[PDB]
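This file shows Cytochrome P450 3A4 complexed with caffeine.
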2 protein chains.
Amino acid sequence: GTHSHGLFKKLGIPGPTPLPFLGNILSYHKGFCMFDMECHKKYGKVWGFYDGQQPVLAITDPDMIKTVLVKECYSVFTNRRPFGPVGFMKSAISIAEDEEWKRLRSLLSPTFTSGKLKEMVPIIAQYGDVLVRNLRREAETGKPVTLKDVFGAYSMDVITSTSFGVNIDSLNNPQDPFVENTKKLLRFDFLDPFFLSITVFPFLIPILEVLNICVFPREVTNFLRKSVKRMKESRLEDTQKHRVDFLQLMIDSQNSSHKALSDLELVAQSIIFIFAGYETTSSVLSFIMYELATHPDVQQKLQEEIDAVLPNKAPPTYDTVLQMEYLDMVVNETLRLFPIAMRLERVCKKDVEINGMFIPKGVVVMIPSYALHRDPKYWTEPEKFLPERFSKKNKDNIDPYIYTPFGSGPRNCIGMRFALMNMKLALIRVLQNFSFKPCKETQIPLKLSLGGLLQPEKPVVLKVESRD
Amino acid sequence: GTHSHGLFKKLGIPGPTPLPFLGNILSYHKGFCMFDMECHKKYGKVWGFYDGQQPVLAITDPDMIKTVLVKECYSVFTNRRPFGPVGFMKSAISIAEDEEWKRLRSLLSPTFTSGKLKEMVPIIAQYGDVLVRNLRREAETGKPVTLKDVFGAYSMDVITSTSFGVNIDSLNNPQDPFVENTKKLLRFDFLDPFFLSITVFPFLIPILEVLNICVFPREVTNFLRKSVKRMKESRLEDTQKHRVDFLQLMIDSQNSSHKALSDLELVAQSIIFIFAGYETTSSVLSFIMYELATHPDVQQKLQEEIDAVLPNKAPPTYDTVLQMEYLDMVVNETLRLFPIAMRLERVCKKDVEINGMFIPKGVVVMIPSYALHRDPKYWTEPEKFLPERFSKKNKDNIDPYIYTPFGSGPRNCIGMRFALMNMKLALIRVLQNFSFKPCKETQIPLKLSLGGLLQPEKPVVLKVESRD
Ligand code: HEM
Ligand code: HEM
Ligand SMILES: Cn1c(=O)c2c(ncn2C)n(C)c1=O
Ligand SMILES: Cn1c(=O)c2c(ncn2C)n(C)c1=O
Ligand SMILES: Cn1c(=O)c2c(ncn2C)n(C)c1=O
Ligand SMILES: Cn1c(=O)c2c(ncn2C)n(C)c1=O
Ligand SMILES: Cn1c(=O)c2c(ncn2C)n(C)c1=O
Ligand SMILES: Cn1c(=O)c2c(ncn2C)n(C)c1=O
Ligand SMILES: Cn1c(=O)c2c(ncn2C)n(C)c1=O
Ligand SMILES: Cn1c(=O)c2c(ncn2C)n(C)c1=O
Ligand SMILES: Cn1c(=O)c2c(ncn2C)n(C)c1=O
Ligand SMILES: Cn1c(=O)c2c(ncn2C)n(C)c1=O
Ligand SMILES: Cn1c(=O)c2c(ncn2C)n(C)c1=O
Ligand SMILES: Cn1c(=O)c2c(ncn2C)n(C)c1=O
């Protein structure tokens, strides 16, 4: 069982000594972030470890990161770490490899332009108003408020309407078929027993694929495949009600070099957009409101900036959202402290030599975002929430390969601008109406989960008083 | 279990209807050759079938075959069908894929030039003399002679001396450690229960690789890895006795673009050369002596040609072997009737469109050599042994993509000239001394095995009388 455990020694690369069969997974007992921080302060700029038999090489040099993420992306570092069983979701752009990905990224790029986003802003803002009416019902009743519930329902409303044109107040329709299914698309905890078992027994993945066992649950995928079918037909009939959702943008793409999106590929992308945006958006928004509640000074200044740009609670628009600097600064600093990706990864497909370091075929090159976002070498007082880092005066010292909450290069986050616009639109409408103060039962300082997802240990609960 | 069984229907390609899970493997009850002949006369120029879930596309068009074997070899049809578990023998040139193969083929090409073969001919001829002394011991005693025994011992003697410099009369040293180990390298019967099981459960191959279970038996591979080690050291010490074996040619290659052969790669090639030459050479030589014994006219003419070129039983040399035309004609016609490969195969690595036919990614493109060698469209009276086909007058009508006993293109047989020279050298020395006549217990007509290897059903036994 000590087959490949000798790689990093032959190359002279340091790291924690692995155990037979297990590799270094027992060190994940405090999550990915704490393991990366510990390895960083312990072994320096580069180190190696083993997820079972799989070797992983961590890199922290911003010149080296640029070579992996940008310069040699097509040639060597094109794909992410394999995982499964994935079934047909192999066709999702985030999972596809080599030429299949390059084609899918080429097909989906016009869907995420600033023009299509501009046409989605009125839809997103509608549920910012819905978010305020539900927040006010929990504010006129003096009761502590679980953020991820009210931000989860907001993210759900934005997803259903901007990806399928389905318009629901999901907080008050918890058993609409579209809401209960979409709510089941929970992010993967790679440290739970099932995924840790697969990590230790990767040879069992082909056995699960032949039995049609899938990490994306069949019941939800079957419901969306048929729902897309019914919408693709009905949209052909009533063809006067113009739509501006991802489904409609992808339906149109099939009406043109590359092959057009197949009907199954189209479903795969629609599903992966939900996974990408649903718990991510609500998690970040909760992190933001925590930092705003623990720093009343920052919250007031943002509320003053919003009222200067949008007097009299004027509705946020596309151009006015991008106008607010302190809002962008608050969002960025919160993502520095809580980069929910935790890591960026690329599989080394060829025996390569970059920046003087030899990297052999099969190694997973990893960029530890959570650690680099808190590295004293680039951030003074990294544990403190200080949005002034991202002011126009100081944003020249921020290295774009140390700060990668959306990745970088050709395979970065394709929904970055959408996610930023979505979160800011929510933040503006919420702060125009409310202020957020800690409870007695608020966890200060916030503690992170020991699991495989960057989320609070306990839910963030805050008191919400109206600005009336 | 009927997952991929719908491919050839969507493409409109005919073939036998597959069963769930099994595919079409139950049709292998008469071997590969009879299944290919039956499918050819039944479905035409192109057909498809399933080895379990694996789709296989058979092609018979010589223009299409050239595109697969030659024109699009590097781009699309580079590798052979995956099989396992293979362990470290993944590094053998016949098993390696993509850039690994292209490098290994580049490293091994100078080893198989006509110059290195010219320097090996004296060694090979030595055991042609040994073959005659052992044949005569079985001829002065009137007793029927099993060909594959006396040709197996000859092929063994040629292999040990031309690949390792180990010089043994293996027929009379059956328990030299080098002889009993090398004799265990038996060709793979892909129709025996184990390989048929792997075909039906290909998802179990990763489970066997993690347990170091290997189709190349460990005991023999361990013996040769250490034997090569001891020879690589001892050859460095006594460095005046010049050697002309494959091991010495590959030892020298490590003393130079590409990376040099590693010590493990070098062992992998040495092993695969034995698999390639051991039972193949003795099988063909047996087939040749059968056709010569069933056609006394052809045998006398060849004996007269040999005596005209080499009067007084003169020893065959490099230039005199290539001089004999009827010898080349006899060898070729026997390989037409018995192309021990049976099939050539290439995996389709990309969605391609060649000669008007669309071929999708993952399909195994197969060229049925045994069937094309007996196709009435190109061979008049194909079931009859008629060496005049390969005379200089008639060799203009022979299509090099219908007649492929050594394959074709960049990935053809690299030891073709060696194998032809080895077999002819044996044939000359044998026919200079003996004549071969059928027994009562000789199977006339010869019947083929129902297994996965092109070999006689019963051993070819012939009477051997001396030409004294
Ligand atoms: C706060 C919200 C989000 C964050 C922090 C985030 C972050 C990230 C990160 C770090 C990556 C990997 C980048 C890399 O490997 O270099 C990624 C990939 C991706 N994201 Fe986002 N994301 C968010 C929301 C979204 C949304 C709303 C979408 C909507 C479509 C989306 C679509 C994608 C896709 C498709 C990929 C894979 C791109 C590819 O493989 O080519 N993400 N995201
Ligand atoms: C009567 C004897 C032999 C016959 C009929 C024969 C036939 C063949 C055939 C049909 C192929 C596949 C060609 C293709 O896929 O297009 C092949 C491949 C090969 N043969 Fe031979 N062979 C013989 C003996 C030998 C010998 C003595 C060697 C000694 C080294 C050898 C070395 C190889 C190798 C290395 C390959 C794989 C080439 C590659 O994958 O690049 N063979 N042979
Ligand atoms: C720890 N880990 C990951 O973090 C991971 C993964 N596949 C994708 N990711 C992100 N696998 C298999 C894994 O073991
Ligand atoms: C955390 N995580 C992953 O790490 C992941 C994923 N899909 C693929 N991967 C690798 N999803 C949906 C996810 O939530
Ligand atoms: C616990 N668990 C999972 O977490 C899981 C799964 N299939 C996919 N996932 C993610 N199965 C079968 C499972 O038992
Ligand atoms: C948590 N979980 C899953 O997430 C899961 C599953 N089977 C499939 N999936 C996706 N099982 C049994 C499960 O317990
Ligand atoms: C880190 N990460 C990814 O790696 C990712 C993604 N969507 C697709 N991928 C691959 N999202 C939302 C994400 O946060
Ligand atoms: C939240 N999230 C995702 O949603 C995700 C992912 N990889 C793929 N996806 C979709 N990773 C690493 C992730 O953290
Ligand atoms: C029938 N068959 C072959 O003929 C074969 C093979 N791998 C190589 N060959 C030649 N496999 C897996 C196979 O099933
Ligand atoms: C018949 N046969 C094969 O079909 C084969 C092989 N090695 C690999 N393959 C595919 N050997 C040694 C073999 O004898
Ligand atoms: C019958 N048989 C084989 O034929 C075989 C094998 N491993 C490799 N081969 C070829 N095992 C384990 C086996 O039982
Ligand atoms: C015939 N055979 C093999 O050829 C073999 C094996 N184990 C490994 N090999 C290669 N066993 C058990 C076996 O019966
Ligand atoms: C058909 N065939 C092959 O396919 C082959 C081989 N040696 C290597 N390969 C791949 N030999 C001797 C062979 O006869
Ligand atoms: C005899 N033989 C081999 O020796 C061989 C092979 N494929 C690889 N090898 C080595 N095939 C198909 C084969 O028939």
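Lettering of chains proceeds alphabetically from A, tracking the sequence lines in order. All chain A residue numbers match the PDB entry; in order, they span 26-281, 286-497. Residues 26-281, 286-497, in that order, are what chain B shows, numbered as in the PDB entry. Hydrogens, waters and symmetry mates play no part in the numbers below; they use all other heavy atoms, side chains included. First listed ligand is number 1; within each ligand, the first listed atom is number 1.
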Ligand numbers or chain letters for caffeine: ligands 3, 4, 5, 6, 7, 8, 9, 10, 11, 12, 13 and 14
Caffeine (ligand 3): other chains within a non-hydrogen distance below 4.0 Å: A
For atom 9 (N) of caffeine (ligand 3), the option (of A:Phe215, A:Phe220, A:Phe108) bearing the nearest heavy atom: A:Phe215
Other ligands or ions less than 4.0 Å from caffeine (ligand 3): ligand 4 (caffeine)
Shortest reach to atom 2 (N) of caffeine (ligand 3) by a heavy atom, considering only A:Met395, A:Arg106, A:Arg372: A:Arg106
Enumerated caffeine (ligand 3) atoms positioned under 4.0 Å from heavy atoms of A:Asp76: 1 (C)
Caffeine (ligand 3) contacted by A:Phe57 (non-hydrogen, < 4.0 Å): yes
Min N/O separation A:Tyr53 to caffeine (ligand 3) under 3.5 Å: no
Caffeine (ligand 3) binding site (4.0 Å, heavy atoms): A:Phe57, A:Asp76, A:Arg106, A:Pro107, A:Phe108, A:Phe215, A:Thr224
